[PDB]
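Here is the structure we will look at, set down as structure tokens.
Numbering of residues begins at 1 and proceeds along the displayed sequence. Atoms within each ligand, like the ligands themselves, are counted from 1 in listed order. Atoms considered below: every heavy atom in the structure, side chains included; atoms not considered: hydrogens, waters and symmetry mates.
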Amino acid sequence: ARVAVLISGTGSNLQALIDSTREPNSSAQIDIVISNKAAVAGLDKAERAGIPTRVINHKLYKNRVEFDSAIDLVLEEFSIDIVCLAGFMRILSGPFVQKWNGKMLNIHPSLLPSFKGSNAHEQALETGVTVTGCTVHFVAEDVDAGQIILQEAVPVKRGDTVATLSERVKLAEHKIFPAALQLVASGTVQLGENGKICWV
Ligand SMILES: Nc1nc(=O)c2c(CCc3ccc(C(=O)N[C@@H](/C=C/C(=O)O)C(=O)O)cc3)c[nH]c2[nH]1
Ligand SMILES: NCC(=O)N[C@@H]1O[C@H](COP(=O)([O-])[O-])[C@@H](O)[C@H]1O
């Protein structure tokens with residue numbers, strides 16, 4: 001399966017994805033990395049790995065749909081089958097999400113449906129849960145509401161901050177996101193026509 005990874009920031013999840021695709025038994029290959037921002041740390045990881053990079057600055061396009069089309073064009077250029085959102089902070093338009101429905105994955109630093117949004121760790125600490133985690137899910141039009149593929153629970157220790165908690169959760173992210181990508185790219189896991197998750 002041909003995979004595109006969309007980034008906006010650091011990209012440690014990108015690196016974990018890259019490493020798992022170098023495995024001989026991997027069903028996925030990362031053929032292109034796309035960042036909506038220029039000169040972010042993810043582009044260098046992709047260039048160090050030997051993966052083509054393209055920058056599509058959304059602050060240089062008419063609106064959402066137009067900018068999504070510029071991404072879609074690059075995905076078609078590299079014949080992409082699967083899209084991975086690795087810290088990609090742009091809400092994707094209706095038609096884009098619908099075209100790549102059941103073919104686009106995202107990592108979220110909480111045990112969904114708990115703590116949807118931009119600051120899951122902050123929410124988790126404010127609420128006072130002792131167990132949080134991370135979720136890999138198919139991207140639906142509604143934010144963080146797509147079908148769940150994999151989840152891993154991560155303990156919250158007393159005195160935790162966003163710095164320490166995210167550090168611990170990211171260790172789980174680096175596990176389940178490559179694992180989920182493999183499940184999808186191998187055809188083991190797919191989006192069911194009923195809407196739900198289908199195994200084989
Ligand atoms: N349809 C759809 N569903 C999704 O789940 C999804 C995702 C997954 C995670 C996500 C969800 C919302 C925002 C988000 O709202 N970001 C806002 C602010 C970011 C910033 O200021 O940097 C934004 O829309 O720009 C950023 C990231 C990315 N794009 C998506 N598209
Ligand atoms: N879009 C939802 C969201 O909050 N994404 C979060 O951004 C980080 C990117 O890490 P990385 O840049 O080191 O891969 C990840 O930890 C992920 O949970």
* What would the PDB call the drug seen at ligand 1? -> pemetrexed
* **pemetrexed (ligand 1): macromolecule with most heavy-atom contacts, named per the PDB entry** => Trifunctional purine biosynthetic protein adenosine-3
* How is the binding site of pemetrexed (ligand 1) composed, by chain and residue number, at heavy atoms under 4.0 Å? -> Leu85, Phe88, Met89, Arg90, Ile91, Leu92, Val97, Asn106, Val139, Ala140, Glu141, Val143, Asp144
* For atom 11 (C) of pemetrexed (ligand 1), the protein heavy atom that lies nearest, with its residue and separation -> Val143 CG1, 3.5 Å
* Which protein heavy atom lies closest to atom 25 (O) of pemetrexed (ligand 1), and at what distance to 0.1 Å? -> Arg90 NH1, 2.5 Å
* Under 4.0 Å from any heavy atom of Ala140, which atoms of pemetrexed (ligand 1) are there? -> 1 (N), 2 (C), 3 (N)
* To do: Looking only at protein heavy atoms, identify the closest one to atom 1 (N) of pemetrexed (ligand 1) and say how far it is in Å.
  => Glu141 O, 3.1 Å
* Asked: Do protein heavy atoms approach atom 21 (O) of pemetrexed (ligand 1) to less than 4.0 Å?
  -> no
* **Polar proximity pemetrexed (ligand 1) side, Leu85 side, N/O cut 3.5 Å exclusive** => no
* State the other ligands and ions under 4.0 Å from pemetrexed (ligand 1); answer none if there are none. => ligand 2 (glycinamide ribonucleotide)
* Nearest to pemetrexed (ligand 1), which UniProt active-site residue of chain A is it, and what is the least heavy-atom distance to 1 Å? -> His108, 6 Å
* List the closest protein heavy-atom neighbour of atom 14 (C) of pemetrexed (ligand 1): residue, atom name, distance to the nearest 0.1 Å. => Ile91 CG1, 3.6 Å
* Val97: numbered pemetrexed (ligand 1) atoms lying under 4.0 Å from its heavy atoms -> 1 (N)
* To do: Looking only at distances, please establish whether an N/O atom of pemetrexed (ligand 1) is found under 3.5 Å from an N/O atom of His137.
  => no
* How far is atom 6 (C) of pemetrexed (ligand 1) from its nearest protein heavy atom, and which residue and atom is that? -> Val139 CG1, 4.0 Å
* Asked: Can you find an N or O of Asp144 that's nearer than 3.5 Å to an N or O of pemetrexed (ligand 1)?
  -> yes
* Asked: Looking at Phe88, which atoms of pemetrexed (ligand 1) are within less than 4.0 Å of one of its heavy atoms?
  -> 27 (C), 28 (C)
* Return the organism named as the source of chain A in the deposit. => Homo sapiens
* Modeled covalent bond for pemetrexed (ligand 1) -> none
* **Distance filter under 4.0 Å to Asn106 heavy atoms, resulting pemetrexed (ligand 1) atoms** => 8 (C), 9 (C)
* Can you tell me the protein heavy atom closest to atom 23 (C) of pemetrexed (ligand 1) and the distance? -> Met89 O, 3.5 Å
For a distance cut-off of 3.5 Å, show me each N or O of pemetrexed (ligand 1) paired with any protein N or O, plus the separation.
| from | atom 1 | to | atom 2 | distance (Å) |
| --- | --- | --- | --- | --- |
| pemetrexed (ligand 1) | 1 (N) | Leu92 | O | 3.3 |
| pemetrexed (ligand 1) | 1 (N) | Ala140 | O | 3.3 |
| pemetrexed (ligand 1) | 1 (N) | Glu141 | O | 3.1 |
| pemetrexed (ligand 1) | 3 (N) | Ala140 | O | 3.1 |
| pemetrexed (ligand 1) | 5 (O) | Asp144 | N | 3.3 |
| pemetrexed (ligand 1) | 16 (N) | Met89 | O | 2.8 |
| pemetrexed (ligand 1) | 25 (O) | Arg90 | NH1 | 2.5 |
| pemetrexed (ligand 1) | 29 (N) | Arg90 | O | 2.7 |
| pemetrexed (ligand 1) | 31 (N) | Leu92 | N | 3.0 |

